[PDB]
Amino acid sequence: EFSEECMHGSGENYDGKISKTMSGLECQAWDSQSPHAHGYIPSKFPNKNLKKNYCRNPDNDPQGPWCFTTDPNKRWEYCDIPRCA
Ligand SMILES: NCCCCCC(=O)O
């Protein structure tokens, strides 16, 4: 069965487990506020699937999923999620 290996379009419905940015940084967890404080709180929009530190696209960015990063000097970065054929 399908296991979230790719995203449809820009990934508003992506629910896979990639947790590293394009440059290879580990993502910050959505339920954490350090190193970056933010307002993408999982409980505020459960259907946005903001789980663990997985790359997601909760602001409908046309470039696709991203995460806050664990680098204290890089707030966020896109991830490399392949688009489904
Ligand atoms: N469009 C991807 C980055 C969105 C970052 C929003 C923020 O700084 O809280």
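The first residue of the sequence shown is numbered 1, and numbering continues consecutively from there. Start at 1 and go down the list; that is how both ligands and their atoms are numbered.
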Give the PDB name of the drug at ligand 1. aminocaproic acid
Help me with this one: what macromolecule has the most contacts with aminocaproic acid (ligand 1), named as in the PDB entry? Plasminogen
Suppose we measure from atom 4 (C) of aminocaproic acid (ligand 1) to each protein heavy atom; which comes out shortest, and what is that distance? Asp59 OD2, 3.7 Å
Which organism of origin does this entry record for chain A? Homo sapiens
Counting non-hydrogen protein atoms only, what is the nearest one to atom 6 (C) of aminocaproic acid (ligand 1)? Give residue, atom name and distance. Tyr40 CE1, 4.1 Å
Please write down residue, atom name and distance for the protein heavy atom closest to atom 8 (O) of aminocaproic acid (ligand 1). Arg75 NE, 2.8 Å
Provide the number and element of each atom of aminocaproic acid (ligand 1) under 4.0 Å from a heavy atom of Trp66. 2 (C), 4 (C)
At what distance is the nearest protein heavy atom to atom 5 (C) of aminocaproic acid (ligand 1), and which residue and atom is it? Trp76 CD1, 3.9 Å
What residues, by chain and number, sit within 4.0 Å of aminocaproic acid (ligand 1) when only non-hydrogen atoms are counted? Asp59, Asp61, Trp66, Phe68, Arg75, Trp76
